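Overview of a structure with paromomycin.
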Amino acid sequence: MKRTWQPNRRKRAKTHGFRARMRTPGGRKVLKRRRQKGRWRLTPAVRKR
Amino acid sequence: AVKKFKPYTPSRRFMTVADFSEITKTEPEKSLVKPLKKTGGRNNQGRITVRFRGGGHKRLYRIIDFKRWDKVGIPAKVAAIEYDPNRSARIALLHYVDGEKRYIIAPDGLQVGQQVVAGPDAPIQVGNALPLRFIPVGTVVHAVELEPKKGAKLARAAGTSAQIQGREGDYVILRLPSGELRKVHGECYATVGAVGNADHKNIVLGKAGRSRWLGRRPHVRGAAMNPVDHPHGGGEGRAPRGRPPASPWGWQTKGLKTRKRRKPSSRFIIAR
RNA sequence: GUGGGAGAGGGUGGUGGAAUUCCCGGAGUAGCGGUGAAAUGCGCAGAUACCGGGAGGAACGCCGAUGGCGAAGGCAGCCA
RNA sequence: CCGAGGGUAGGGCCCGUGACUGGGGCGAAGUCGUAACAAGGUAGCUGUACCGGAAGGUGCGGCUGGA
RNA sequence: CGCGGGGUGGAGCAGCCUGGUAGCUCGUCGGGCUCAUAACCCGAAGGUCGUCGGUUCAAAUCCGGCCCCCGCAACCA
RNA sequence: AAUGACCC
RNA sequence: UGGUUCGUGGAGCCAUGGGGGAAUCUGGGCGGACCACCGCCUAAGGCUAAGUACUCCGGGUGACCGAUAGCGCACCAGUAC
RNA sequence: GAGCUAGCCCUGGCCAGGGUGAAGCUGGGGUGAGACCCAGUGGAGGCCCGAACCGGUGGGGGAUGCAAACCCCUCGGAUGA
RNA sequence: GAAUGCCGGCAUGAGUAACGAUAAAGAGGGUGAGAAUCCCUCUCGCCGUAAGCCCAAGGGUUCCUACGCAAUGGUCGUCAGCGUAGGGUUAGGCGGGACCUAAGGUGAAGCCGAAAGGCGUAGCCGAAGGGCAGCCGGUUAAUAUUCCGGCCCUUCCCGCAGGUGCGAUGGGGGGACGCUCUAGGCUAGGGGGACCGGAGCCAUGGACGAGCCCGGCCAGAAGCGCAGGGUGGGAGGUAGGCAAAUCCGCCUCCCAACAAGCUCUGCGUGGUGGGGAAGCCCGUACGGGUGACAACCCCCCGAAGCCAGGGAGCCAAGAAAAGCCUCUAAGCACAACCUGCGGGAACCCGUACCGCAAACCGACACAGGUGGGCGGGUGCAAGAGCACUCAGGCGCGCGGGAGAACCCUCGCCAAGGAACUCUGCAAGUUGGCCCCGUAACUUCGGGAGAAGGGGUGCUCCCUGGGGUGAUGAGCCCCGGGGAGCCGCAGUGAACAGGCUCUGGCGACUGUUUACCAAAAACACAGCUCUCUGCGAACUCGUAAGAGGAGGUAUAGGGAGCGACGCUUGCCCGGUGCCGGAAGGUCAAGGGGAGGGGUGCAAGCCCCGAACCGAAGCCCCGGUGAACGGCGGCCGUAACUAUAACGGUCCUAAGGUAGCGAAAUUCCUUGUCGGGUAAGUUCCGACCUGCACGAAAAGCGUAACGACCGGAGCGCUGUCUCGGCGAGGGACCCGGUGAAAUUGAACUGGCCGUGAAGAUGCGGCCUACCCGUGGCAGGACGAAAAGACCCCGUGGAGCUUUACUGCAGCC
RNA sequence: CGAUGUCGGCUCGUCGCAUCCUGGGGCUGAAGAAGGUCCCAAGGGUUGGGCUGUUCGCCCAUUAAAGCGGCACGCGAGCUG
Ligand SMILES: NC[C@@H]1O[C@H](O[C@H]2[C@@H](O)[C@H](O[C@@H]3[C@@H](O)[C@H](N)C[C@H](N)[C@H]3O[C@H]3O[C@H](CO)[C@@H](O)[C@H](O)[C@H]3N)O[C@@H]2CO)[C@H](N)[C@@H](O)[C@@H]1O
Ligand SMILES: [Mg+2]
Ligand SMILES: [Mg+2]
Ligand SMILES: [Mg+2]
Ligand SMILES: [Mg+2]
Ligand SMILES: [Mg+2]
Ligand SMILES: [Mg+2]
Ligand SMILES: [Mg+2]
Ligand SMILES: [Mg+2]
Ligand SMILES: [Mg+2]
Ligand SMILES: [Mg+2]
Ligand SMILES: [Mg+2]
Ligand SMILES: [Mg+2]
Ligand SMILES: [Mg+2]
Ligand SMILES: [Mg+2]
Ligand SMILES: [Mg+2]
Ligand SMILES: [Mg+2]
Ligand SMILES: [Mg+2]
Ligand SMILES: [Mg+2]
Ligand SMILES: [Mg+2]
Ligand SMILES: [Mg+2]
Ligand SMILES: [Mg+2]
Ligand SMILES: [Mg+2]
Ligand SMILES: [Mg+2]
Ligand SMILES: [Mg+2]
Ligand SMILES: [Mg+2]
Ligand SMILES: [Mg+2]
Ligand SMILES: [Mg+2]
Ligand SMILES: [Mg+2]
Ligand SMILES: [Mg+2]
Ligand SMILES: [Mg+2]
Ligand SMILES: [Mg+2]
Ligand SMILES: [Mg+2]
Ligand SMILES: [Mg+2]
Ligand SMILES: [Mg+2]
Ligand SMILES: [Mg+2]
Ligand SMILES: [Mg+2]
Ligand SMILES: [Mg+2]
Ligand SMILES: [Mg+2]
Ligand SMILES: [Mg+2]
Ligand SMILES: [Mg+2]
Ligand SMILES: [Mg+2]
Ligand SMILES: [Mg+2]
Ligand SMILES: [Mg+2]
Ligand SMILES: [Mg+2]
Ligand SMILES: [Mg+2]
Ligand SMILES: [Mg+2]
Ligand SMILES: [Mg+2]
Ligand SMILES: [Mg+2]
Ligand SMILES: [Mg+2]
Ligand SMILES: [Mg+2]
Ligand SMILES: [Mg+2]
Ligand SMILES: [Mg+2]
Ligand SMILES: [Mg+2]
Ligand SMILES: [Mg+2]
Ligand SMILES: [Mg+2]
Ligand SMILES: [Mg+2]
Ligand SMILES: [Mg+2]
Ligand SMILES: [Mg+2]
Ligand SMILES: [Mg+2]
Ligand SMILES: [Mg+2]
Ligand SMILES: [Mg+2]
Ligand SMILES: [Mg+2]
Ligand SMILES: [Mg+2]
Ligand SMILES: [Mg+2]
Ligand SMILES: [Mg+2]
Ligand SMILES: [Mg+2]
Ligand SMILES: [Mg+2]
Ligand SMILES: [Mg+2]
Ligand SMILES: [Mg+2]
Ligand SMILES: [Mg+2]
Ligand SMILES: [Mg+2]
Ligand SMILES: [Mg+2]
Ligand SMILES: [Mg+2]
Ligand SMILES: [Mg+2]
Ligand SMILES: [Mg+2]
Ligand SMILES: [Mg+2]
Ligand SMILES: [Mg+2]
Ligand SMILES: [Mg+2]
Ligand SMILES: [Mg+2]
Ligand SMILES: [Mg+2]
Ligand SMILES: [Mg+2]
Ligand SMILES: [Mg+2]
Ligand SMILES: [Mg+2]
Ligand SMILES: [Mg+2]
Ligand SMILES: [Mg+2]
Ligand SMILES: [Mg+2]
Ligand SMILES: [Mg+2]
Ligand SMILES: [Mg+2]
Ligand SMILES: [Mg+2]
Ligand SMILES: [Mg+2]
Ligand SMILES: [Mg+2]
Ligand SMILES: [Mg+2]
Ligand SMILES: [Mg+2]
Ligand SMILES: [Mg+2]
Ligand SMILES: [Mg+2]
Ligand SMILES: [Mg+2]
Ligand SMILES: [Mg+2]
Ligand SMILES: [Mg+2]
Ligand SMILES: [Mg+2]
Ligand SMILES: [Mg+2]
Ligand SMILES: [Mg+2]
Ligand SMILES: [Mg+2]
Ligand SMILES: [Mg+2]
Ligand SMILES: [Mg+2]
Ligand SMILES: [Mg+2]
Ligand SMILES: [Mg+2]
Ligand SMILES: [Mg+2]
Ligand SMILES: [Mg+2]
Ligand SMILES: [Mg+2]
Ligand SMILES: [Mg+2]
Ligand SMILES: [Mg+2]
Ligand SMILES: [Mg+2]
Ligand SMILES: [Mg+2]
Ligand SMILES: [Mg+2]
Ligand SMILES: [Mg+2]
Ligand SMILES: [Mg+2]
Ligand SMILES: [Mg+2]
Ligand SMILES: [Mg+2]
Ligand SMILES: [Mg+2]
Ligand SMILES: [Mg+2]
Ligand SMILES: [Mg+2]
Ligand SMILES: [Mg+2]
Ligand SMILES: [Mg+2]
Ligand SMILES: [Mg+2]
Ligand SMILES: [Mg+2]
Ligand SMILES: [Mg+2]
Ligand SMILES: [Mg+2]
Ligand SMILES: [Mg+2]
Ligand SMILES: [Mg+2]
Ligand SMILES: [Mg+2]
Ligand SMILES: [Mg+2]
Ligand SMILES: [Mg+2]
Ligand SMILES: [Mg+2]
Ligand SMILES: [Mg+2]
Ligand SMILES: [Mg+2]
Ligand SMILES: [Mg+2]
Ligand SMILES: [Mg+2]
Ligand SMILES: [Mg+2]
Ligand SMILES: [Mg+2]
Ligand SMILES: [Mg+2]
Ligand SMILES: [Mg+2]
Ligand SMILES: [Mg+2]
Ligand SMILES: [Mg+2]
C-alpha cells in the first residue's frame, strides 16, 4: 500500500529547516536543546540544488 | 419563464434553469471596470467558521456601482444586461456620456439603449437614482442606502423592492423586502424600480450536483451525529431530540430572538 | 355601403369615497359583547363609547327600476 | 419448396371459480333517532367542499318546484 | 415467583391518609302532565362496604392471612 | 320542544 | 483582590484594578476593628560595596566505582542505529 | 506533527471505443392566428455497455504470509457530488 | 532460584518449515583451484498500452574499467547493484536563477495582545501557471539539444549609417483563459506497390517466378506555394481613464465591409548537410567491415497532435502580474529611441546511473504503492479490449528425482438435476455482432438487452453507394442479390449478460466504519419551522482582526423532514420559546427613623427600621413541521351471537385518515385462503395492534440497488456418491536453514483415589530398543495477567430538571 | 477468570439397556390372522424429504422398525458459523 513516508526535499526543508526552527520560540528552544545535547545535526540534512 | 426539461434522466425531471433571454448578446463580461480576482475560501485565518462551504464553479467578481452619487447629473446609456455569478440579480452594463463605464444592478423593465441617470434632478423612471426625499411617496424602489453616503445595502436580491410609505422630518419610512418598517434618512440614495429576475425563486435545483456547482457542501443533521458533535447526537435507533431543538453550539433554534436589545438602531425601526 | 343611437357586453391600466379591523397619540371611566334569556369572550395591565393620525384588504351606498347588455355562464363607484 | 399437425415462447378476448371485501334488491309486528311532507317547527331543493352513529349539518354560489 | 394499585345499594363513582355522619349521577317504585309513550315535575324505597381474624370504648376507614381484578417487572449470561 | 306495532 | 502565620475572621499592616479625593509640621503614616491617651516613624524619586547562591571551567582530597559498576560515552558517543 | 489520513485554497493533468438520441434549428402539415403533429438535422445527460483510471461486492487462498490488508476468480463507478 | 524480572551467552523444536509468484528449460564450447548458477553459441519457453522506451520525484556513486570473493546474494558463484583502486557528469539557445505574478507566506504604515506574540492595504517572497533564442547528425569503455559537424537564432555593450520629439515603477491596450460537441487543411504515425535498390536463396513433392527475404528516410534559413489566426480606415467634439496624453473611452459625420490590405503562425518546398536493411565475413564482454556510387519513388489509411486567440451550443459563467504595443509627465532635445550593419561581451546551479523499480516509499534483491509522454503489426464490429507477434527485454538467484495420503489451482463424467445447505455459497448454464420479436405497469423518459427466437465459416457469379483520385484506373470504406463446398461444431481459439415472477427498505447518481459492518445507515434535490435591516444573525479569536460577504430577505445562519402522489387530525394543563410601560418578590446602591463605642467636649467610629431601587422568578396570555401527550367500567336489538344506542368515572385532550401477527405481534407455527407431495419462511386476507399512526412524518409509487425475503424455469460435482486425470507442494537425494514453545522427565491402558476430569498416587492389565509417513482424541495442548461477571471508596467518554464552578448572554 | 471456545449442523465413531425392529418365551377378556401385556435378549439394523439456526416438533412418501440415553448438552490444535 501507500506508506507514510513520501519524501520531498522542499517539504522537509520548509518544515524542519534551520530557518523554520529559527522563526518561532518553540523552534529556537529546539536548537538550544539540540546544541546543549551536543547533537552533530541540529536540523535534518536536506540535500540537492 | 424558467426552462424545463423532459425526464430523459432522473433529476432532469424536476430540474429547471433560468431563462436568459434578458441576457443581451454580451455573455462574457467587461474588463476595465471589473472583474477582479475573487478569493474563494470557506473560512477565516485558519479555521472554518461557516460550515459546508466549498467546491463549485470558479468566479470573477463584477465590481458594481453601489453609490450612484458620483455621477450626479451625468446620464448614461444602458449598453447591455449580463449574467453575474456572484449575486441573484442580473447586472446592467451602462455607458456614461462621460465615457466611463459602470455596472448597475439591473432592475425589472430595464431595456437596452435606455437612458438612465442619478441625482436630485432625475425623472422618476425605472433605472434612475435619487435621494429618497425627492422620490414620490408610494413608489417602489431598490438598492437603497441605509445611511447617507455609505452605499446601497437594501433590496438588491432578485425581484426585491422596498416601498416608500411616508416621511418624518429628515427621514422617510420604508417597507423593506422582509416587511420591516424602517426610518431611513432622507438623504439616502435609492434607485426606482424593482430588482427583476423575479423568477429566481421558481428555479428547482433538481439534483445534488447543482448544489455543489454553487459551492454548497453537504449539510449534515445533528441527529446524524454523536453527543460529542451535537446536542442532537445519539442515542439509539433514531431519536426525537429530547430537549428543546438546538444549534451545535447549544443555543435554541426555534424561536430564540437573537438581535441584541440595546442596539442604538432600535429607534429607527417600526416592524417585523 | 353611408350616416347616426342606447347599453352593469369583454380585456388592460389607473383612481375615489363610506365603512369594518388593526397600530399610534389624545381625552375618559366601570363595564362592554351578546341572547329568547344567558354564558363563553373582551375589560382597572385603562376596555366599550369619543377625537386626531396611519396601515391595509375587500366590496361599491344614493342613482337603481317591476330597467339595461350579453350566445350562455354572467356584467354595477369613476377615468382613459 | 410448401405442407396437416405436434413442440416451444409470449400476447389478446371470453367463461368459470377464490379467503376476504363493497354496496344493492327483497323479506306482516326488533334498534336508534326526526331528515322530508303544513313556515314540518332551522323554507326546501341543488352543484361542490368539509365534517358527523344514522337520517344528516355547515360553507360557497344557484333555483321557485316557498313567503 | 417479585412489585403496588384495586373489590362499597341494580349500574358507575365518592367516602379511608387527619377512626364515630356512608354521599353524587343513573336506575327502581308511587303519583302528576299526555288521547298514549318518552321527555319533564312531585314524593319514596334501597348499601353483610371481597372474605377471615383484633386494635380500639367504636373499623367502610387502622394492621395482618388468604381470594379474585388491574398495571409494572423478569436484566448481564 | 320526539314518537304513534301489524293487516283490514 | 493579592502578600503576611492570618482560609472574612474582632482583620489590622504592606501592595494594588475601579470610584471619590486632601494637606506641607498646629503637615502625615504606624503601634491588629474603633476612640482617647502615651509613644515610633517621616510615604507618594534614585543609587549603594561586603557577608550570600551557583559550578560550564582549573586544582586538591576520598573507610567513592573499577567496564552489567562508575557520567548515556574509560574505546573518536549524544556516535552508530 | 496534515511528507499517512480528512477538508478546503492556487496552479496543471487525465478519462480507449462503442451505444441511446432531450432541446434547438430546418422542411412539411394543421389554424383566423396558435397550441400541436410528422420527418430530417442536431448531440443533451450526477443516461447506458466497456478499458485505462478510481473502487472493494461475493467466494476461495493466504494466517511464524509475497504482504503488520497481500493474491486469484467475481463484482460497483467510469463527463462527474 | 524464581519477580511473563534486566543484560549477555548457549540450548530445544530440527537437519524440521521454508529458500518470495506454475513465464521453463536443454545442450555444446570456453574460463577456472573450484561451474546446474560466469562468459559464448545453438534450441526452447515468457512479456510486448509491457515484463519495451522517454521524462519528473526520490535516491546519491549504485555509471564505466581494472584487480578480487571473507562477508552481503535465501543454494552455487570465477558473477554482482558487493570489497580495493582509477576514470567518468562540459550548455548564451534544455531546466532553474541575475523575469512575472497564484494560493499562501512575509510584511513598511497602521491596529492588537501580561511577556512570548497575533493581525496587517502597499512592497517583497512564492510555480508542473505566464515570459523566453536549437534543429538534424557524428563521436566516448562511461557525457552530450552540453563536445564536434552542418544548418539557424537571442540578448546586452561600443561603433558607424539612416530615421523620430525622445522619455517612466505612471494612462490605456494586450497578455487573458470555462465545459461539451465540432469544420476545413495539415503533420505525427501506419498499410500496400507490378516501381526503385540489395547481398543472397530453389530446400522435401512442386515453383527460376510481377518468387522469397531486406530496405526504400531525416533535418533544412531566405524565398516561394498551400492552409489558417489576428485585426477596420479617416475627420472632428470631449467633462471619463484620480497630473498630463495625439493614447483609450463616449458621441457625431464620412469611406470599408471585405480577412480586400497589413501582419502572425503552421505545413509543404527549398542552397545544403546527414542517414542508409537483410545477409555475408569477423575476435571482443560487444561492436566493426562489406552489402551501397544503396535506392531514397507512387498510392492509401490517418489522429486525441498542429494552424489556435478556429467554430457552434450550454450554464454552473470560467487567475494574476511581467514581457509586448501605444500614450504622455518630470526632465532632456550635443541627449535619447527606432531600423540596418560591423566588432566585442554572454555569469551562477543541474547534467553520471536507477527510475512501475534489486538503486524511490514498504527493517528484506519484499508477488504491495508510485505522476507525465511514446507504446508498432495481424485479426476478432470498434478500441489503449483479447489471441499471437516487431523492436526491445526477460525465463522472476536453490537444484535433482519421485508420481503415496492430504492440500491448493485445474479439466472431465453414467443416470438423476438443489434431493446439498442457514442460503444454489460455490461452480456451471448465459455470453460478441446483425436481424426478427417483446407484457404488466408507468411519472410517457421508461420498463428493454424484457422474455423468446433465427443468422454467423469458406468458394464462385451478378450487382448498389460513397472516399481519394480528372468525370477513369487502382487503392479504401460501407451494402444488396443468386448459386455452391466442408466439418460434430463457422463471434470453430482468446475477450463478452443466466432469466422471470413477487414482496421489504431506501426515490434515484452518489457517501461511509484506511485494517471484520457498503447497509434499510449518511448525503441528496424538495418541504416546513425559526433566527438575521446589515458594523446582520452566527462562527473563530483575550484583543486586533477575519469568515458570513466585497453578499443584503428571491439573501445569510440554525433545525427537522427527505424525489414525487394523496395527506399530515385533537390537547397549550406541565417544559421550552414568544408577547405583556399592572402587580408580588428581588442585589449592590440611595435613604436615613432609631441604637451602640470612645472622648471634658467639639468630635471621630460603628451597626440600622420605613421608603426609593434592575434583570431573573412569580403572575396574565400566546405558541405543536416547539419538548411532548392523544383513557376506563357496566348495560342494550322479537333464536342465539354481536352492539348502531345508553349510563357513569376521569383527563389538558382521550389516536382521525390511512396501515396493521408488520425491520413493530409477547401468547404465536394466531385464524382462514394461496404456492408445496409435504411450507415455524413467503404471499393474500381477517384484526384479539402485549407495544403502528401522520415532517424522529403517515399510506402509497414508475425507475433505480454488488442491499434483505419468497418462488419458478434454465443449468450444473451443491448433493445421491463418488471416480479419474492435470500441474504446484507434500515424499526421497544434494546445498542453505528458521519459529513459537520449553520446571525437569526414564512421559502406557482400566477401575479407583486425590482440590471434586491423573503418564507421575493404589490395585490390576498391558508393554523388547529406535525411528519414518500420516490422523488429531489427550497432555484441563500454544497463543494473549478474561473481553463477560464481580471487586477497587481504580480511569476515562457520554447525559441530565445531580452538585459546584467557568465561558457566554442578560 | 497469568482463558476449560460457548448452540445447532457435519464428519467420524463408541458404549448403557430402562429394546424401536428382527430372535426366544409366559399370560391374555389368545378361534385364526392381527393385537394387548410382561419376561429373556442388545448380534445386527434403525429411510428419504417439506418448515425453522434450530434442539425438539409438525407434516409428506415409505418401512421390519424410523428406540431412548452417556461419552466436557461426545467430537471447532477436524470443518462449518
Ligand atoms: N327497503 C329498500 C331500501 O333499503 C332500506 O330498507 C331496509 C331496512 O332499512 C328496513 O328495516 C326496517 C326498519 O327501517 C324499520 N324502522 C323497522 C322494520 N322492522 C325493519 O324491517 C325489515 O326487517 C324485518 C325483520 O327483520 C322484515 O320482516 C321486514 O320485511 C324488513 N323491511 O328494511 C328494509 C329491507 O326490506 C332503506 N331504508 C330503504 O329506504 C331503501 O329503499
Ligand atoms: Mg483564526
Ligand atoms: Mg498561519
Ligand atoms: Mg442533511
Ligand atoms: Mg450515528
Ligand atoms: Mg452535548
Ligand atoms: Mg428506538
Ligand atoms: Mg419518549
Ligand atoms: Mg438526542
Ligand atoms: Mg389608544
Ligand atoms: Mg376472474
Ligand atoms: Mg322534520
Ligand atoms: Mg326544516
Ligand atoms: Mg332541514
Ligand atoms: Mg350544500
Ligand atoms: Mg358542523
Ligand atoms: Mg314513575
Ligand atoms: Mg455483558
Ligand atoms: Mg322510536
Ligand atoms: Mg294480513
Ligand atoms: Mg488577605
Ligand atoms: Mg491570602
Ligand atoms: Mg473557612
Ligand atoms: Mg488604586
Ligand atoms: Mg497606610
Ligand atoms: Mg490605614
Ligand atoms: Mg508601628
Ligand atoms: Mg493597639
Ligand atoms: Mg514607627
Ligand atoms: Mg526618599
Ligand atoms: Mg573496589
Ligand atoms: Mg558502562
Ligand atoms: Mg572483566
Ligand atoms: Mg551505559
Ligand atoms: Mg494532505
Ligand atoms: Mg428533434
Ligand atoms: Mg454515467
Ligand atoms: Mg461502465
Ligand atoms: Mg494515458
Ligand atoms: Mg478465509
Ligand atoms: Mg470492472
Ligand atoms: Mg525464592
Ligand atoms: Mg534472554
Ligand atoms: Mg517435526
Ligand atoms: Mg515433513
Ligand atoms: Mg520442504
Ligand atoms: Mg526465487
Ligand atoms: Mg507470447
Ligand atoms: Mg559504494
Ligand atoms: Mg555495473
Ligand atoms: Mg572481473
Ligand atoms: Mg552465498
Ligand atoms: Mg563495485
Ligand atoms: Mg525572483
Ligand atoms: Mg504575520
Ligand atoms: Mg515579485
Ligand atoms: Mg514555464
Ligand atoms: Mg529557455
Ligand atoms: Mg548512458
Ligand atoms: Mg553546436
Ligand atoms: Mg513618445
Ligand atoms: Mg498596464
Ligand atoms: Mg524438390
Ligand atoms: Mg513500405
Ligand atoms: Mg486627466
Ligand atoms: Mg522537406
Ligand atoms: Mg551501413
Ligand atoms: Mg474560440
Ligand atoms: Mg510588479
Ligand atoms: Mg553574478
Ligand atoms: Mg546527461
Ligand atoms: Mg543521462
Ligand atoms: Mg509509467
Ligand atoms: Mg518489487
Ligand atoms: Mg525496496
Ligand atoms: Mg529476487
Ligand atoms: Mg498508477
Ligand atoms: Mg497507437
Ligand atoms: Mg485493426
Ligand atoms: Mg470488440
Ligand atoms: Mg493486453
Ligand atoms: Mg453427472
Ligand atoms: Mg449426460
Ligand atoms: Mg432439468
Ligand atoms: Mg432443501
Ligand atoms: Mg437436509
Ligand atoms: Mg432464499
Ligand atoms: Mg453464485
Ligand atoms: Mg426481488
Ligand atoms: Mg424491489
Ligand atoms: Mg439508496
Ligand atoms: Mg472508501
Ligand atoms: Mg472496515
Ligand atoms: Mg455496495
Ligand atoms: Mg466489506
Ligand atoms: Mg416533499
Ligand atoms: Mg467582516
Ligand atoms: Mg468579502
Ligand atoms: Mg438555509
Ligand atoms: Mg430520516
Ligand atoms: Mg401532527
Ligand atoms: Mg402542550
Ligand atoms: Mg405552554
Ligand atoms: Mg398557557
Ligand atoms: Mg418573558
Ligand atoms: Mg441597602
Ligand atoms: Mg449607608
Ligand atoms: Mg422586575
Ligand atoms: Mg394482526
Ligand atoms: Mg397456512
Ligand atoms: Mg397449504
Ligand atoms: Mg400477511
Ligand atoms: Mg408493537
Ligand atoms: Mg414509527
Ligand atoms: Mg412527529
Ligand atoms: Mg421516511
Ligand atoms: Mg448506488
Ligand atoms: Mg446495494
Ligand atoms: Mg466434489
Ligand atoms: Mg484427486
Ligand atoms: Mg499433481
Ligand atoms: Mg534437504
Ligand atoms: Mg519408557
Ligand atoms: Mg481419574
Ligand atoms: Mg514415582
Ligand atoms: Mg497408574
Ligand atoms: Mg510420528
Ligand atoms: Mg493432539
Ligand atoms: Mg495437522
Ligand atoms: Mg486442545
Ligand atoms: Mg487477570
Ligand atoms: Mg464510596
Ligand atoms: Mg474462569
Ligand atoms: Mg496456564
Ligand atoms: Mg490454553
Ligand atoms: Mg432387559
Ligand atoms: Mg407375547
Ligand atoms: Mg444399537
Ligand atoms: Mg430452510
Ligand atoms: Mg448416541
Ligand atoms: Mg446438560
Ligand atoms: Mg441441546
Ligand atoms: Mg458439546
Ligand atoms: Mg452470525
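We name chains A, B, ... by the order of the sequence lines, and we start the count at 1 in each one. Note: hydrogens, waters and symmetry copies are ignored here, and every other heavy atom, side chains too, is used. Portion of entry displayed, and contacts counted within that portion, nowhere else. Order of appearance sets the numbers: ligands from 1, and atoms from 1 within every ligand.
In the structure shown, the parts corresponding to paromomycin are ligand 1. Most heavy-atom contacts to paromomycin in this structure come from the chain listed in the PDB entry as 16S rRNA. Lab note: other chains with heavy atoms under 4.0 Å from paromomycin -> D.
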